[PDB]
Each structure stands twice: as structure tokens, then as C-alpha cells.
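Quick notes on the structure that follows.
Every chain is numbered from 1 and lettered A, B, ... according to where its sequence line falls, protein lines coming before strand lines. Quick check of the header: electron microscopy, 3.0 Å. We count ligands from 1, going down the list as the structure has it; atoms in each ligand are counted the same way.
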There are 4 protein chains.
Amino acid sequence: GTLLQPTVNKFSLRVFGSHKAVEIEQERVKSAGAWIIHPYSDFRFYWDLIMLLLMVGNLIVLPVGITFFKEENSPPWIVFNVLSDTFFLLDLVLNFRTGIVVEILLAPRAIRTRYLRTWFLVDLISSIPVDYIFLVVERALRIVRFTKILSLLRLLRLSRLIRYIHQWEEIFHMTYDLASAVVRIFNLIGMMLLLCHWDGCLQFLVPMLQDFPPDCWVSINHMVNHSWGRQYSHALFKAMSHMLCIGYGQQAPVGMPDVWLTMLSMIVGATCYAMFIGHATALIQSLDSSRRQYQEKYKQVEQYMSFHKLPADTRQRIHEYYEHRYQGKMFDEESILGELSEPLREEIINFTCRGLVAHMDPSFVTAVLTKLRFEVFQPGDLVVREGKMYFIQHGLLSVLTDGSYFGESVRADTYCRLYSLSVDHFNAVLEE
Amino acid sequence: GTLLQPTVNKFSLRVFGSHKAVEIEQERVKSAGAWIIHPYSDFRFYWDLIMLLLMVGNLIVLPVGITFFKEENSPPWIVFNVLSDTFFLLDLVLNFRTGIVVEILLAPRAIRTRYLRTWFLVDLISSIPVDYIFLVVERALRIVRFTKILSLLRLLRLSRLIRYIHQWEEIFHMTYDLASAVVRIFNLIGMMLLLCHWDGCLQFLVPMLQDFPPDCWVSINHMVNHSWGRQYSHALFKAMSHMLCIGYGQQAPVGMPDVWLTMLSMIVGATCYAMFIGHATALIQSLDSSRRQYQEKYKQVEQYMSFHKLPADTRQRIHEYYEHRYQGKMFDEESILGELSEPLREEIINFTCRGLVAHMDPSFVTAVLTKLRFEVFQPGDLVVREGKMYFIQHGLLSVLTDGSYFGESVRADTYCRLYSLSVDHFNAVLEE
Amino acid sequence: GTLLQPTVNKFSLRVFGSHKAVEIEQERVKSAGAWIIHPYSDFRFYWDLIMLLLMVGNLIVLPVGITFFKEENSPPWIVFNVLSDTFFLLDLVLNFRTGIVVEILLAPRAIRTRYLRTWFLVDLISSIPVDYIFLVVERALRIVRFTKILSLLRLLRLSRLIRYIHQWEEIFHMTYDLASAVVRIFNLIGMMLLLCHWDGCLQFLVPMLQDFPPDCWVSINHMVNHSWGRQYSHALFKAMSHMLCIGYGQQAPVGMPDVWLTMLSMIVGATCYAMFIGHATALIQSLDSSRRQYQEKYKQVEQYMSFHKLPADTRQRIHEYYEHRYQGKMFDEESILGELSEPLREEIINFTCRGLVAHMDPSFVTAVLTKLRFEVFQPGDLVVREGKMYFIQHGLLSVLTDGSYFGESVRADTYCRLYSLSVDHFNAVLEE
Amino acid sequence: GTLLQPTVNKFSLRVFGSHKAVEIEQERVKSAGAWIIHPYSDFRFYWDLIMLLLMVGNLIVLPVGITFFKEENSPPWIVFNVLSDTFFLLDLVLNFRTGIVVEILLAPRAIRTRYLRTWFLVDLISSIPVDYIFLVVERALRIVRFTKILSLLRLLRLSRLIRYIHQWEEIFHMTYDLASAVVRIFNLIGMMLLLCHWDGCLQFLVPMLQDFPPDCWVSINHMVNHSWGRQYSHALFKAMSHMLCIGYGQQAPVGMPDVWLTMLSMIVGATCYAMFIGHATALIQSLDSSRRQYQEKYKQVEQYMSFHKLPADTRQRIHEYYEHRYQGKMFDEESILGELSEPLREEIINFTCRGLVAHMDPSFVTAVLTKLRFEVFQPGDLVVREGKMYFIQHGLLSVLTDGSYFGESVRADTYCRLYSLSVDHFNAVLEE
Ligand SMILES: COc1ccc(CCN2CCC[C@H](CN3CCc4cc(OC)c(OC)cc4CC3=O)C2)cc1OC
Ligand SMILES: COc1ccc(CCN2CCC[C@H](CN3CCc4cc(OC)c(OC)cc4CC3=O)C2)cc1OC
Ligand SMILES: COc1ccc(CCN2CCC[C@H](CN3CCc4cc(OC)c(OC)cc4CC3=O)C2)cc1OC
Ligand SMILES: COc1ccc(CCN2CCC[C@H](CN3CCc4cc(OC)c(OC)cc4CC3=O)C2)cc1OC
């Protein structure tokens, strides 16, 4: 009976904190006197995993089944509709009982009023079979067309599909690290494919209800008596050619329901393609930002060069210095060491340094190693004046190899990475 | 008589300041000797609310009424034009008297010269009925076509509609918080729909004035003697197919007014669709910026990892530390507490802290609570050396539960959020 | 004779500095022994103003004059070509003598070698009349077509037009403040219009050289014997329909020069329209950046709210505080006062402050006024504890009106903007 | 035998460091007991330079050779296929032996398992001639069509081409400074051209296998018995018209393989063009960032002006100050001097300063020159009060010329750039 309560996962510990907050939430669920269903429990997961599959199945199969087929009295179609109505009614019954993340777990007052205020009507319309009631209660062709238009009320399950998809993918940013633009662009691709699939069925459906006039494209292309696969292929081609702004037929369209459907599909396709270009741009601009911020910083540097009118050899020397200091990449070594915790910084220092001070109290050694600084030099650029202590990591130094010190005229022969521990910090560590 | 003066609203207090500045502005309006109209008063609001509705009504109805209908001597059309001319003349009379935000409320000198210099001519042209004067003063078909082209001068009210819309939506950024890109993109959508509606009427209007030559599309499609709804539908379809860059008919266009109108509508549609893509991109890039700045910062962090060639276990340990420190979100807790005022920071501290120091002078307690710091640790990462005081918010610590202190070998067993009050700040508070 | 030397303008003082650097540059021009022409002088300006007009005139008139007209032996055409050849030869002669901004004013060595290395050949080809030489030196229709293809070598003046336009608009960023994206987008619009105008003439030119085969569109549309205006209109419509990716005719194109010209114009139009979308996006993203950085900062603030799980009343109180502190706008008052000079800051302080300290040594007053700080409070938020001095700019305070002080239980009744001069800074000013 | 080992280049010194790390890597390659091939050596470079040329040659020639030609038994075709199979088998043999940058140079364990896990199958399929085996082992037209479909398995060499191109261009960001967006956009242009070239051959290939039905476009346009150049031109035109979303023929397509190929090419072309717009936008936004950050900063400055309601003369004075301080360009002179090394800063100071202190111990002079600060003033803005030392670089000062000092009422007549060395720093240098 603990399936209604939230368990102890990585997600529950990231949301609530320690195990004590999770046990407080479990006692809070068990304290409201009901069979209350917590929205992070396993039961909602196992239920919505079934419901998303049934939603995708219905939203793909139902327009093709309504429009293209002739006799709607086949047995597996009726079985399919009855089972879909049963599950989408039980999901409404459980939506009476679930918790709402704003977590409002008060069953008799908060959940009922919040569900009746926001999303009861759309789920109630999309749940029950409306057409079969009118068939039991009740010029037969007008009745059949009216029942087809009533049976197209099943497509209001998209408002539930969007809600459950947004809930699960809002959960799954915390269990796993995900790029946001990828999630947004695949959500948009799914929406675009679903809209194109609906426009195909709609552009066959509208000449269908008029008993195929001689002006429509179906009668012109002489394709009334083919199979449903051929008709679906041509209708989907027509819908995709209107959606991607192509230009379909020989003539301009003649009938009045053709013109307005054409214009509607053109507007929907143009807006969807504009949002697709926007998501593609937002995804491309976040691939190599570390190689872009360095470029902007070097633009500012050469602007500083141009403001003071420096000679050309000095400018190419600055260029070589930044190439061998940052290596085409932007990072701030002060703030990164500022943000971290202390023994993890001790680990990073014990990896990088603390092997160069092997020659000549461990806590004294760690304090000296924390008191260091990183420097990059250049050949010809001599560092000492005749009349601050260094260590050598790389490069050549003439007055040597990797690893030495200058105990208190030294010229750099190549690119050298050095360290420094200048005597004020050393005296502070001696005081410690 | 106080309707001409600005009242005391949320907007007036955000603009001018206290009530004293508002009373100074009211005395300034009452001191200029006139019936001067202040541009933030209620009278301009109640006037422009009527004028925007009349502008939308005229700019939708008038091209359809001029082009498609045959006899323009129906009585309600003349009544509609007379009432529109009356209101758009009275609006000119009141635009002589209004104040101008640059607020220049000097009536006889500043307002008259500024209005005559900038926008008197366009409002004067779009105000008066030009066609009826030529009809009273004055080959009859050329006269009727000339009066239609003169009656198309009513469409210079768009320059007033743009001005009033920009004034009100510049006001309504301060009464309510609004995203800027939403306002920009709905302004562009309104402009695009209005331009498409005008291109439809224009592409029926140009074959209309030539007594329908046999080369034009109206004579080819055999649609001279249909109703005006059918003709408007086909003309709007042709205009939208040129605007969205489709490709309309079987043949290339033949007549010379067809080719240049076609090219003009193609260029206008291409530029409008490019600006729509630009606004859509600018709106998409401002949805999840807090989830993007964290991504860029972590790119810089892993670049810092790659610059010093750290081992893989240390890199995944940094990754886990940032996941459980920032939780996929960028914020700077130092600058946010820097920007705020002092007792509001005392409120935030009294909510978060000041319950953990419940065990063991209230001002002393508030000073100690302001002297705290926030820390996040990791399991295995022990924090103390044998031979600074902490508090526990979450996690487990072995040598415990949530809430304890280390009064002056402690190992973190899980993710722990701790506090710190190191003895220098404590001695400063003891000095206070 | 001083027209060859740079004068004293706003631009010369912004580039070189004081008048002494300008006089050094004038002596440098007069010291190189030549009639050397400095590239910032008035003579190059007055010369290039003529040359840009002749370039636009030639690059518009010459393709229409070559392709559509039949007899090329009219007198004003020959006069026009002779005068154009004369001016574009004299411009080459002066390009031997001008200075080069890299300013290299050394005449006999630097300028000649740099001009012969980079851009001598293209200007030499586009300068001289090539076709008339072949006409004097030399199946007549092949000769006429060959002279037309040789006379199309005049269109290599675009490489000079681009160079002079970039030089002048690089100059005119410093004389006047200009948005960069506006300059870029109008340069692109000019290039796109010129390319479309060339594609029209080219798509009439290619069927022209083949003596109008029956497969081409000119023979199909029966438009060989119309005037040149009709043919230019249809050719430009065909070129613009290929460029904006429309779909032109009934059939697919049949001949082989039609297909490759069609594909070439489609590729050029697609790339130009993509760069136009890019420039439009870059222009839109730089209109309301100050209203966007505030939005991003408030996203970070509400993220900081969500990280610590604050109550709702505190969150809306932070929201009201930022609305009445920054007013939907981002600025940093510390760094702006950091960047400025000292007496200008004294001017800003003497405007804002120094009227509130009117009640109760002027240098002492200026030091106290520099030692102030700006604060914003909130109603209910009382500021003093029973048992730092303030000034009042706005709001109401109960224990008052605008302008008072607290000389060393005060409750804010409304939004209050206050000042502060806490006693350490006051003691430092007393020490001064 | 040292060609398998990495040599000493600029790239090897930038990657590994000094010469000692390179010699350690050479001893590491020579210590694994094999003929192991290091992935940065010269041998992989000289091998992949041949392999990229063979890949481009095969991926251009093979679809045109399979589809359009009739008899595939010509001798140079068989020689070409045999040589291509030989080289792409030897490349597999060497891919067994190469090192893998993750550098894993362990031959018998790491490389074999990593290559068998990731990319053995695709290279094995694309290496061997599959069709000739079925021809040796084995209604003849079905056999010929089946061998053509088997011989189209050679096009899985694109997965190797992408890998080698990404490896070399990841190497060549470090040998030379390159803009990233240029590399990305030319990679995308190459991919788009290759996909269009494949769609042309595919849209001729599909009617080819059906023995040219009368519904297809080849039989309609009466182009079965032309040469292969004409057929390739029309097929590539059809593929490019579907890819750029044009609208190709008179009728809608009739056959079922036509419709789905048409829709597939439309979707691929739309996605490629959207990514091209994204790369073009990302390239345009990185051209003039230094002229954009100044614009954003000045927006913040004028917002700070509007927040405090400053007079207009003060606002234009701030505008003139920023124009003559930053010159339309953003840079931070403190952080740039912070990032650099010390003797290079001494070089920059010795260029800019140290000529103005020529009048009135060299180390003392360098310390005073490091203790300076840069200031910009304005005419009318007098700087001294009657009752800090300066130097003059430009401008005029009345109580002069360029270069003077104020040894401890001076009015600036023009724009002046000055220096400062205020007495605390001078006393510190005297202490040094
Ligand atoms: C070291 O431990 C491991 C680390 C990493 C891994 C690899 C695990 N992988 C990490 C990336 C996410 C992926 C699956 N995922 C989640 C489920 C889901 C469901 C959706 O339907 C609502 C959805 O809607 C768009 C989007 C998504 C997003 C999504 O992609 C699982 C395995 C590990 O060990 C097993
Ligand atoms: C707690 O107090 C409340 C807080 C919040 C609310 C919700 C109030 N809502 C907040 C958002 C704006 C909206 C209406 N709005 C303003 C009027 C207008 C007119 C225009 O024509 C010129 C226009 O042109 C584009 C654009 C707009 C923008 C616009 O959308 C009103 C109610 C509250 O209590 C009643
Ligand atoms: C208070 O003093 C004043 C302040 C301000 C003004 C308004 C003066 N205005 C300021 C904006 C620029 C404009 C003209 N301009 C320069 C000439 C040019 C030539 C080009 O051809 C190469 C070009 O190529 C794209 C682009 C441009 C850009 C361009 O627009 C002149 C007047 C004032 O007093 C007179
Ligand atoms: C002062 O010393 C010099 C400084 C500068 C120079 C100019 C040298 N130049 C600098 C820019 C890169 C260019 C060639 N380059 C590298 C090779 C390659 C191969 C590719 O195939 C995989 C590729 O795939 C997209 C992309 C690229 C990128 C690319 O453009 C060489 C010369 C110098 O002296 C000789």
C-alpha cells in the first residue's frame, strides 16, 4: 500500500533534501485521511506510461479511421473505442484524486476545487463517447456526417498529452543533465508531424462530406475508387505542400471550403516553420560558447591595442602571449577556485602542485601550496633583476630543466609555466 | 472639471514620485491659462479608447466598401463616412490642445509649433472628406474612378493608429510587468494581417478600374458576376499566395499592372516574413536564460579541467559538486544580498536561519545570524583536522542529525548543507 | 595647393589628437617630395563623390543598354562610353598617387608596390574600352556577340565601388554615431537589388545570343517584337521569381542554358535571403537590451528565491522592491560613477543632492555630498531601532515630508527614497 | 622507422608541453611492443591525405556511374572499383593499428576492443565489394537491379569521411587561429551539396528500375534516349527544385514511389536550409561585438540618466565625454593589465609613458611609471582648486603644450589626455 507515497530516489533526495524530509512527506501523505495519490509516487508513473501510449495510439489512428474508411461498424473498431473510453474515464477518476504541484495534498478541498476550476471540462468532453449517445437516442447521410463530426471530439486529448509530457520532462531535468534546446526542438518536431498528419485527413475529410463535387481535387484526379493508402498518400502530399509553402495544383482552387482550408494550412505551416528556425538558431548558438567568449575578449584586447597606437611587434607579442596563455578558450581561474569547497581545492592542489615541492609538518606544506600563483612567460623575457621565489613546471631557463627553485640574471629560453610564493605569504604561513 | 488634470494612480506615483509631485503637476496644469489637456489624464484615455475602435473599423471596412461594391450611393455608407469625418475632425481639434511628452504643457507657443512642424499635414489630409468636395464642384466613369482614388485618402489614419498604440503600450509597461517581445510580435502580427487585407482589395481594385480586360485573372476565371464574398475570397487567396512566396496561377502574368503589383507584394511579404522570423528568434532566446547561463559556466569549468589535465574521477567529482550546489541554475548569492535593503535581508535571514540557533539580547542573535555563510559538502569529504564553528541543516555527519553545532574527526556521510561563523566575525560581534 | 593635405576637422582631431599631430601630418605630406595625395584630404572626397555617382550610373545603365537595344551605334551611347572610360582612367592615374591606410605616404616605393600587388589588374581591365580595340583591329553576328561579351567587362567596377563605400562608411562612424546593423543591412539591400537587376538582363541576354530558339520563354510568350520596357519587365519578373524561390512557368525548362542559369539564380537568391534574415535578427536583438538584461537578472533572482524555498509573501515583496528600485531597467550606479571624471561627478551630485543639505566651507559641503549613498525603502519597513543619519527626498515617514534629517522609532508609510552619510565617512570629512 | 612516432612541431609543443613530454610520448610509443601507429604522427597524416581524396572521388563518381550508364562492364570502371576496394581494405587494416584519442596507445587490448565495439561493422560493410561476390555465386534484369542496389553499399564511406574531417579540423584549431563559425558553415555547405548531388541520382534511379513507366517524368518529357548529361541536368534540377521548396511540374505526381521521394527530399531540404539560416545568423552576430557592447553600455548609461531626471545639457555632456573617452569601442583597461605578465607590462608602459618623464635610478623611474593613471578631461572643466601631480600628453591647458607637469587655477581649453601619480603612491615608491 506504499505505492501511493513517494519513495527514496535520487530525484526525491534532490527535491526534498535528506531522508527526514522524505519521511515527513510520507507521513504527510499518510496523514491526510484518504487514498490520496502523491504526484511523485510510482503509481502515477506506471499509470501515465500506459496513458501516453494510448494517447499516441488514438491521436494517430482515429482520424484515418474516421475519414478514409466507409463502414464504421466493424467489430475491432468498436472494441478499440470502448477500451479507449474506459481508460480515459478511469484517468479522469484518478485525476480527481492526484496531488497538484504548484505540493497541495489536501484531498477534499484543494484538489477538487482546483480541478473543477482549471481542467475538468476539456477532459470531460474528451473522455465520454459522445457519438454513441446520439446514435442510441436518434436523411440518414446527414446523421452519419453529424456522428462523424461528433466522433471527432476525441482529439481533445492533446491537452492532456501536452500536460503529462511537460510534467515528466520537467521531472527529468533533475535526474539527468539534459540540454534544454534539444528537448524543446524534439517537442516542436513531434507537434509539427502531428499537425501535418491531421491536415492530410482534414483535406480528405472536407470533400468527403459533400459527396465529392466535380470541382474538388479528388474528382479531378479520378481517385475516388482507389484504396485508402493511395488516397492517404495524395492527401498527405497535398497537406505537406501547403504546409511547406510550395504551390500544389495546376489551377487555383475553385470551391469555397478549399480556399479557406488552404489559407489556414498555409498560415499554420508558416508559423511552425518560423518557430523551427528560431529553435535551430537557439540550438546552434550554444555549441561552442567557450570558443566564442575568447574571441570577444580578444576583440576587446586588440581594441585596447588600437586605442593607444602600439607598434606591430608588441601587438603580435600580445597575440602570442594570449595564444600560449589561454589556448583559444575562456575561463576565470580565480572565480572557479572561489566557488568550490576547501578540501576539494586541497585535492586539486595536491594533484597539480605538491610534487614540485618534494625536494626541500604536512599542514605547513599544504598552506604553502595554497599560497601559490600561476604564471606564464615568454622567450627573451628575462625574469630577475640583479640586486620572490619561483618553481619550474615546463620550459627552459638559462642563467633549467623541469623542476627547480630560486632560493632567496635568469632568462627564459622557451615558453615557461612557473609558480610563485612571494615572501609576505611565506611569512604569514610561518606565523601560522 | 478635474478630468483634464492627471489623477493619483499607481502609474502617476511611479512616474512623478510622491503625492507632492502630482499636486505640483496639477497646479502646473491649472496654472497655464487655458483648457489645457494633460496627456496622462482620464480624458485622453476615454477619447483614444473610442478613436482606436473607429480607426480599426474604418481601416477594415473602407477598402472592401470602395472596391467590391458597385453603387456607392447607399444611405448607411454616407452616414458612416459623415460620422467618421466628424470624429476624425474633432480629434484634430483636440490634438491642437493636448500636451506632448518629450511634459510640454505650454499651450499657445510650444504645442502649436510642435504640432504644425511634425504631424499637421497627414492628419489634415486624412481628416476631411476630399472626394465629396470634388463631387460638389464637378466621361463620367473617369470621374467615378477619380473619386474612388480620392476616397482612398482615408487610409492615412494608420499614422495616427501607430502613434496612439505606441503611446498606450509605452504607458502600460509601467502599470504591469510585460515581456517586451510579446508586445513587439503581436504588433507585427497586426501589421501583417492589415497589409494582407489591403493587398487583396488592391488586387481586385486594379482590374476593376480598367473595365476588366480579357488578360486579367478575373476574366480568365469567369468570376465577374459572382457575389462580393466569392470575389473577396479569391482576391485574398491571390494576395496571400503572393505574400507567402508561393506561385499562383498557370501562366505568368501578362498585363503590365499585374507584374509590378505582383513584384511589390512579393517584396513586402518577404521583408515582413523575415522580420517575423527575427522576432520569433528573439522571443525563443529569452525563455530559459537561467538554464543557459549555467550551461555556459559549466563549459568554462570543464575547460578549466582540460587546461590542467585532471584525472577523470576528480572531474566527475566536480560535476557532482556543481549538480548538488547549483541544481542546474545560475545565481549569485553575494550580489543579490548586496542589492537589497537591510531589514528585508533581516527578514530573509530570520526565515532561513535563526531557527538553528534556537538552542544556546536579540540584536546579538541578529548580528550573529548576519555573520553566517553557506556551505555544501560531499560524502567522504571529512571536515575537521585533529588539532571555526558549524551548524547542520541537512545530511548525516559521523564522528549527526539535522541541527547541531561544533563548539570550539567529523566525516560527511551524505550531501550536507552547513553554516559557518568563524571566530573573527564572532569576536567582532562580541565587540559590538 | 593645400587641398592635398588633411585639414583640421572633428574627424582629424578624433584620429590624430591635438592640432600638433595634424601639423606633423601636414609637414609629413609636404616633406615627401611629390604631389602626394593624402587619403583623408578634401581632394579624395571631392573626387570619390563624383566617382561613386558615375559607378552607380554605369552599373545601372550598361546591362540594359547592351542587352535590350538592337543598334549600338547611336551617338550618345558612344559619348557616354568615351566619357566613362576617360574618368575611370584618370581615377587609375590618381590611384597611383593616393595614400594607403593600413598611413603609408611614401610615394615612389610603398604605394606603387602595394598597388601593383593587390588591385592593379582588376582596375586595369575595368578601365580601358576593350571592345573598341577589337572593333578597330577586326560571320558578322559572331563578331557582334563577341564584342557584346567583351563590352560586359565594364562590370568589374563593382570591386572599386565596394572599396570606396567601405572606406567612406568606415570614416563616418567617427564623425557621427551610427548603429552598425543599419549600415550593414542597407549595404546588403543595395547588393541584393543590384544582383536582381543583373539577373534580369542576363536572362534576356542568353536567349538573345542564340537568335531566339523556339524552346525559350521569349518565343513561347510571343514577345520578340514588343518594346524594351515590356521585355525588361517580364525578364525582371522571371529573375525575381527565381531569386525569391517561387516557381515560374508552366513547364520545366527545356534548353540547357536555361536550366543552369535557373539553378545559379536560385542558389544566389537563397544565400542572399539567408543573410538578410541573419541581419534582420541581429538588428532586432539590439533594440531593447536594457529591458532584456533586467528580465534575465530577475530570472536569476526568482531562481535564488526557489533555491531556498521562500514563502509567497516574501517573494512578492522582493518583486515589489525590484519594481520600485530599478523600474524595469538595468544599470549599475557604482561602475558608471567609477568611469566618469571628478568635476563632472561633482556636477551630477550638485544637481541631485546639495539642495537637501541647504538647511544646516563649500569644500566641506562637497565632500559630505560625495560621501552619500542612495537607498529605497518600503511601507511597513521601519528604519531605526530604539537605542547613521538620513535625508528625505520623497515619501512619507511617521515617528515626515520631502526634506528632513535625523540628527544623531521611524516608520515608512509609503515608498521612500532616502540618503545616508554614516558617521565614519563624516569623521573622515571632519579629518579633511 | 620514426615515422610512426609523433615529431616535434608547434602542435606537439602546444599539446604536450616541453620537449621532455614529447620524448616521454616517443618512448611510450616505442615501449609498447608492436608497430603501433601514433595518431599525431606523420604517417597518419600522409595516409589520410590520400584517403580523403579517394573518398571525395568515390562519393562523387559512383552514383553517376551506377545510375545513368547502361553497360557496367567497361574495363576502367572495374579497375577503379578494384583499386578503391584495395585502398579501403588497407585503411581498415591500419585502423586496427592506430591510436585513439579519448591517448590510448595500448595495442593488443584497448584498440581492438574499442574498434570492435564502435565502428567495425560500418567500415567492414563499406570496405569489401559485396556485388561481385553475388555475381560470382549467382530473370536477369532482377539480378542486375539487385546487384545495383548491392553496389550502392559503397556510400557508407561518408561515416569515415566525417570522422577524418572532424579529426583534422580539431587538430587545425591549435596550429592556426580560425573562426569557428566559418569552419562549421563550410562543413554544412559541403554536406548540402553532397545531399543534392545524391538526390539527383536517386530521382533518376527510381524510374530506372521500373523500366520507365508512362506516368514518370522521364517518359512525359520524352527524354529516355538523350545522353547522360542531359538526363543528369534535368534530374539535378528536379532534385534542387524539391530541395529548395519550389514546386516542379505541371501535374501533381501520380506514382507512389514519386510521392514519397518528393516528400522525403522536401523534408531534408527544409531542415538543411533551416540549419543554414542558423549558422548564418551565428556568423553575423560575431563580426562587430566590440561595437555592440559599447552600444549596450551606453543604453545602460542613458537609462541611468533617465532614472535621476538629469537636464539635457548634462546628458549631452556625458555623451560627448563617452565619445571622447571610448571612441565607440568597449574595453576594460584594468583587467587587461591584470591578465598580462610583468615585464611585458613594463614594455607597454615604456612605450606609452617614460618619455614624458624625460625631463626631471632607472628602477625608481619604472616604479613611478607603473604608479600612473590615465585621465580624459573636457574644455571648461577646470582642474585644480586654489589652496596630486599631472602630466600632459595632448590638448591645451591655460593658467600648456604637449608635455609639462604641475609640481607640488588651471583650465582645460580642449580635449586633454593627462596622467596622475598622487602623492601616496609617490611616497610608497620613495619608501621602495
Ligand atoms: C552512470 O549512470 C548512468 C548515467 C547516464 C545514463 C544514460 C541515461 N540517459 C541519460 C540521458 C537521458 C536518457 C533518457 N531520458 C530520460 C527519459 C525521457 C522520457 C520522456 O518522455 C516523457 C522525454 O520526453 C521528451 C525525454 C526524456 C529524456 C530522456 O532522454 C537516459 C545511464 C546510466 O546508467 C544506467
Ligand atoms: C493582483 O492584481 C492584479 C494583477 C494582475 C492582473 C492582470 C492584469 N493584466 C496584467 C497583464 C496585462 C493585462 C492587459 N494589458 C494591459 C492593457 C493593453 C492595452 C493595449 O491597447 C493599447 C495593448 O496593445 C498591445 C496591450 C495591452 C497589455 C495588456 O495586456 C492586464 C490583475 C490584477 O487584479 C485585477
Ligand atoms: C548638432 O549637429 C548635428 C548633429 C547631427 C546631425 C545629423 C547628421 N546626420 C547624422 C547621421 C548621419 C547622417 C548622414 N550620414 C552620413 C553621410 C553617409 C554617406 C554614405 O555614402 C558613402 C553612407 O553609405 C551607407 C552612409 C552615410 C551615413 C550617413 O547617414 C548625418 C546634424 C547636425 O547639424 C548639422
Ligand atoms: C607567419 O606564418 C604564417 C602565418 C599564417 C599563414 C597562413 C596559413 N593559413 C592560416 C589559416 C589556415 C590555413 C589552412 N587551413 C589549414 C589547413 C585545413 C585543412 C582542412 O582539411 C581537413 C580543413 O577542413 C575544413 C580546414 C583547414 C583550415 C585551413 O584553412 C593556413 C602562413 C604563414 O606562413 C606560411
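Per PDB records, the drug at ligand 4 is named cilobradine. The chief contact partner of cilobradine (ligand 4) in this model is named by the PDB entry as Potassium/sodium hyperpolarization-activated cyclic nucleotide-gated channel 3.
In contact with cilobradine (ligand 4) at heavy-atom distances under 4.0 Å, by letter: D. UniProt transmembrane segments of chain D (numbered N-terminal first) having any heavy atom under 4.0 Å from cilobradine (ligand 4): none. Counting heavy atoms within 4.0 Å, the binding site of cilobradine (ligand 4) comprises D:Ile165, D:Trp168, D:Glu169, D:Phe172, D:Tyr176, D:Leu178.
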